[PDB]
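Drug on board: quinupristin.
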Amino acid sequence: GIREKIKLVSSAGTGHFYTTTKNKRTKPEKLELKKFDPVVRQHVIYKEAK
Amino acid sequence: XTXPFXX
Amino acid sequence: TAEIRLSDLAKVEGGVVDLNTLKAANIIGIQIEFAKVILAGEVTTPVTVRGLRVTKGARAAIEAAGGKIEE
Amino acid sequence: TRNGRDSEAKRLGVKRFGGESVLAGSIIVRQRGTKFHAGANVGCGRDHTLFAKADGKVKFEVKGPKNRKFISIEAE
Amino acid sequence: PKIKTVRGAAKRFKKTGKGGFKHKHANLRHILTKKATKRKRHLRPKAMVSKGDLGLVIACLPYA
RNA sequence: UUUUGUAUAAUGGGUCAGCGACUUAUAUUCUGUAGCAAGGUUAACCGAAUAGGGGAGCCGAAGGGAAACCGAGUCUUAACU
RNA sequence: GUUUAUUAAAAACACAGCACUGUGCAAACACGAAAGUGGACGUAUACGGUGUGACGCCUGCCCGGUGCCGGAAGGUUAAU
RNA sequence: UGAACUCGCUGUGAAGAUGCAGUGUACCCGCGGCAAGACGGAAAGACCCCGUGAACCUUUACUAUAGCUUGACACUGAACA
RNA sequence: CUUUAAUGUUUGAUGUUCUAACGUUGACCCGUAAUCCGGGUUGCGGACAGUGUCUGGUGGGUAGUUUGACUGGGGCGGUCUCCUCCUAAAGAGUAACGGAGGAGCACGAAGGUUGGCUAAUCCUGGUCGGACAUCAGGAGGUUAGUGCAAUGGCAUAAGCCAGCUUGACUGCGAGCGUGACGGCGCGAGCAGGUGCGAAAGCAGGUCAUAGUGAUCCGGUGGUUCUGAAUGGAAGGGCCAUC
Ligand SMILES: CCN(CC)CCS(=O)(=O)[C@@H]1CCN2C(=O)c3coc(n3)CC(=O)C[C@H](O)/C=C(C)/C=C/CNC(=O)/C=C/[C@@H](C)[C@@H](C(C)C)OC(=O)[C@@H]12
Ligand SMILES: [Mg+2]
Ligand SMILES: [Mg+2]
Ligand SMILES: [Mg+2]
Ligand SMILES: [Mg+2]
Ligand SMILES: [Mg+2]
Ligand SMILES: [Mg+2]
Ligand SMILES: [Mg+2]
Ligand SMILES: [Mg+2]
Ligand SMILES: [Mg+2]
Ligand SMILES: [Mg+2]
Ligand SMILES: [Mg+2]
Ligand SMILES: [Mg+2]
Ligand SMILES: [Mg+2]
Ligand SMILES: [Mg+2]
Ligand SMILES: [Mg+2]
Ligand SMILES: [Mg+2]
Ligand SMILES: [Mg+2]
Ligand SMILES: [Mg+2]
Ligand SMILES: [Mg+2]
Ligand SMILES: [Mg+2]
Ligand SMILES: [Mg+2]
Ligand SMILES: [Mg+2]
Ligand SMILES: [Mg+2]
Ligand SMILES: [Mg+2]
Ligand SMILES: [Mg+2]
């Protein structure tokens, strides 16, 4: 079904992560977003995008 | 069991 | 692990509440290694509690009854 | 091409009629479009559910040059 | 002979203060990514067994 | 008897007599009843043997939490209006 | 010739004949956890299995599939 | 073989009536005969469907397995290229 | 390195013999007036064969089972979850092998917000240029558009474009809808922390309604909550996820 599951991991120490999908087959660039990290309790940067 | 009663 | 009532403790005979004593007075269980005293029931005679975790309540209750709580 | 299908009914409709006294947050209508629009003290959720925002009595109105149905919540 | 406990029930239901049963929600085990954060959040806390199910639960736990 | 429905041309019985189908054990809950009551009761055993002894135990007077643990509170959450 | 003893005697089974194929004998094969025994006191002009069914005139084309037979270099591949 | 004081017709009716309604007919009881009816007797329908029934039988259904076959180790040693 | 070639090391390996384990369903001797068996002698084989344990393959020979349900009998065909409309009798709901269709995805922008914008169709004119391409005007007034089926919505746009962006936030949640249940949906508001806006304010994904799979078992990360003498550890729990 093409679209593929990926995790966004917290740029902070905290091993926290969010979880989503993407069309690797067209948007191969890793995915970087600002998301709230509830361990540091601060909007930090999230990375990786499988 | 063999058609007519009782052949 | 067991819990003890203020209502007990005035019934160990030998105003000193500790594991083997409660046990003797048949209120906890021969194999209990740990016991707490809860704020349940009233406490009347003063009494001494040795080696037993004690809730805030129970402490007030016991201390008001002129008793001591020596961990 | 072979029929036979249909989908579970969605229990859409009016949940509280005019005059009904509701507590805040209470759904007044499950609708699909906005047959009714949120008026005073009435909210509009995603599916276009209209809900109450204050405790009061469900009022139905027709307001405006478009003549649109509105649901509001007056204090009792 | 003692009634025997449906041992799988005893791994899923716990009897509480007023005599009811708490139990874990269903749907937080996997296939998580698509489920709304809201949805999952209200599934975390435990819940009471329904009126219509106490018959069944209780049948499975004589010694609860 | 079974059926939506049987005088039914649907089932069973030739007739009489005797016999023939919801029990028993242990658990468990509930009702009723008796006892004692924040207590209630003892098992095996002992025995002066339906007595008496035996409180080992079990249930109940505390819950909340997965748990550590805290406790008339506890969990949830950094915290809860 | 045989057969459904008791609803089928037949065109069914057997049959001499034919063809394949297995078998070097402690045979193949078969009854047996085994010992032992049939095959056979036989030995490839023998013994087993399979099909076809006197005889006459004959029995063509196909080996992709499925079975079987042969192969050894690669590939894949068990316990160890 | 439930019990019978056991007729026809047309209707009706769990829908093919000696027994229901209407009506017709018929004095009581045998014997010899016939088989149109008593959905006549016999046998809890073999067809058909159903039961998360049974059994055999088949196969490139599943799962196992005797047998057959492969190697490793053991019984299993020695001396030479 | 493109690919070969000359000793090794041992190690098996294919190999050569030996005999002494082992086979002999050759001959002989004795127990024996015995085609068994045992011992002995010899001949022939020989570490092979064969057997035990482990192991791949084969294995209807045997065995145990499976081989769905709905259905105007059954079978064939078709159907089995979900979404939309009608049947549905102006609240909800409502059957048929009734009538018609669609889903099992997509999007990091096609999400958020601030600002801005407004179709379809027809006529007239206009290079290539045509019934229809792009341009201008008038009519028109949403008949357009909305990732997609239908329905209901949509101009204050939910339609269209740009900038800045990650609220497609984490913890919760008064109070409701809908379910036999499992569960599913709506939700203001609160706390932390965000983006857009001068501000009021908006944002907990997408106009809404399909786009889905319980539980067990297991994987990954986090987290000392647990830790069977003690300290650790395994394993378990808890949270995220597959
Ligand atoms: C050509 C004439 N035939 C056709 C097959 C008439 C019937 S038959 O004799 O051949 C045979 C027995 C009854 N059958 C019916 O079909 C049947 C149909 O309706 C009825 N029976 C109604 C009745 O007659 C019920 C009666 O009370 C009961 C009976 C007579 C059943 C007896 C049992 N016989 C069988 O089961 C035989 C079954 C096989 C032979 C089937 C074949 C189709 C396979 O035949 C019948 O059932 C046959
Ligand atoms: Mg005791
Ligand atoms: Mg989990
Ligand atoms: Mg009937
Ligand atoms: Mg009647
Ligand atoms: Mg009758
Ligand atoms: Mg009659
Ligand atoms: Mg009878
Ligand atoms: Mg015969
Ligand atoms: Mg004959
Ligand atoms: Mg031959
Ligand atoms: Mg023939
Ligand atoms: Mg009649
Ligand atoms: Mg008549
Ligand atoms: Mg007569
Ligand atoms: Mg029958
Ligand atoms: Mg039968
Ligand atoms: Mg079989
Ligand atoms: Mg069926
Ligand atoms: Mg309606
Ligand atoms: Mg209606
Ligand atoms: Mg859009
Ligand atoms: Mg705007
Ligand atoms: Mg033109
Ligand atoms: Mg240990
Ligand atoms: Mg230890």
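A, B, ... follow the sequence lines: proteins, then strands. Residue 1 opens every chain. Displayed portion only: the contact tally does not extend beyond what is shown. Modified residues: written as parent or X. Their additional atoms: not counted in contacts. Just so you know, these numbers use all the heavy atoms, side chains as well, and skip hydrogens, waters and symmetry mates. Per the header: X-ray crystallography, 2.8 Å.
- Every copy of quinupristin included, the relevant parts of the model are chain B.
- Of the chains in this structure, the chief binding partner of quinupristin (chain B) is, as the PDB entry puts it, 23S rRNA.
- The letters of other chains with a heavy atom under 4.5 Å from quinupristin (chain B) are G, H.
- In the entry, the organism recorded for RNA chain H is Escherichia coli str. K-12 substr. MDS42.
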